[PDB]
Asks: 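For reference, this is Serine protease 1 solved together with aprotinin.
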Amino acid sequence: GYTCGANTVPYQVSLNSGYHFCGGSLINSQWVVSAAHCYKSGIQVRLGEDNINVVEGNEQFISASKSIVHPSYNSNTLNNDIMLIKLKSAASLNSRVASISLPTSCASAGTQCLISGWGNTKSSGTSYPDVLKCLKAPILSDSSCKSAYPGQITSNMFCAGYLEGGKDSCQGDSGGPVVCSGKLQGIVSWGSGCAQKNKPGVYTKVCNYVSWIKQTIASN
Amino acid sequence: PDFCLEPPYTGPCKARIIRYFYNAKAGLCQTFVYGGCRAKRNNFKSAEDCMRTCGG
Ligand SMILES: CC[C@H](C)[C@H](N)C(=O)N[C@H](C(=O)O)C(C)C
Ligand SMILES: [Hg+2]
């Protein structure tokens, strides 16, 4: 991880319920994409954040109207770990709040991506940042993902990161983006701990859902 | 309740949701970080729920 820099990931959202519990991505003025296991009541979306603990004057805090978990989310296998959030009011898109394009195709192994979040910064230990953290990590091959996690990887998941360890997404990062060449290819989802050797992070494969997201946004 | 003695389980998912668990050693309900999935039973949404079910 590193400090992204103020308002440098403009599509990054914090999900707040009295405190930061998850991340998300702005896909348009009124819709956020996040993880299904981030579903809570009383979600407030905070846009334009950097330091989630102080008010820096670029924020928009907007409550959620609707929160739509994928009809086939399996709580147990974590398959279809995707949820949409409709904002009560449309956001004002500016330079510090902008949305992320949805992919036309799926990204191949070895694509380097940006993963961002306010989650834990210690592999083992505890340290929650004030500011946004970023991490450049490659998409891993299906073959290696399935061998890292035998019998747990569905066609809707991918692995990303480093087999060596020390560089990963951690608790607090869920629902947050994995953006590869400007396109939203993943959502931070799960892993066996974090930044452990031979256990990369596991991400929801957003390219499989593009039709669902569009039609759902359209009819809600 | 036997599950009330069990250690807090964050699990594999990466959310940062504050929940409660019974801490036998301290004789009270304490907060921990729950990752958002595969919860075990020593995991409550309020102290009051925790105390009602576990407080012994
Ligand atoms: C994805 C946001 C950042 C990179 C996460 N929360 C983080 O700080 N991870 C640490 C690392 O430096 O990669 C830690 C070792 C898991
Ligand atoms: Hg961690």
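So you know, we letter chains A, B, ... as the sequences are listed, proteins then strands, and number each from 1.
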Asks: Hmm, which bits of this model belong to aprotinin?
Replies: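 That would be chain B.
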Asks: Could you help me figure out which residues touch aprotinin at a heavy-atom cut-off of 4.5 Å?
Replies: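 At that heavy-atom cut-off, the site is A/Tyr19, A/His20, A/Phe21, A/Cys22, A/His37, A/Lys40, A/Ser75, A/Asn76, A/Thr77, A/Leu78, A/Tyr128, A/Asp168, A/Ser169, A/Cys170, A/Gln171, A/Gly172, A/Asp173, A/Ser174, A/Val188, A/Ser189, A/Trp190, A/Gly191, A/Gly193, A/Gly201.
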Asks: Got a sec? Which residues of aprotinin sit within 4.5 Å of chain A, heavy atom to heavy atom?
Replies: B/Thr10, B/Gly11, B/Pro12, B/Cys13, B/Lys14, B/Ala15, B/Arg16, B/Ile17, B/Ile18, B/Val33, B/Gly35, B/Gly36, B/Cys37, B/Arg38
Asks: Identify which UniProt domain of chain A contributes most contacts to aprotinin.
Replies: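 Most of them lie in the UniProt domain Peptidase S1.
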Asks: Do any UniProt Ca(2+)-binding residues in chain A have a heavy atom less than 4.5 Å from aprotinin, and if so, which?
Replies: none
Asks: Of the residues in chain A that UniProt says bind substrate, which ones have a non-hydrogen atom under 4.5 Å from aprotinin?
Replies: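 Those UniProt residues with a heavy atom under the cut-off: A/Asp168, A/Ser169, A/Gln171, A/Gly172, A/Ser174.
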Asks: Can you figure out the closest UniProt active-site residue of chain A to aprotinin? Give the heavy-atom distance to 1 Å, please.
Replies: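 Nearest UniProt active-site residue by heavy atoms: A/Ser174, 3 Å.
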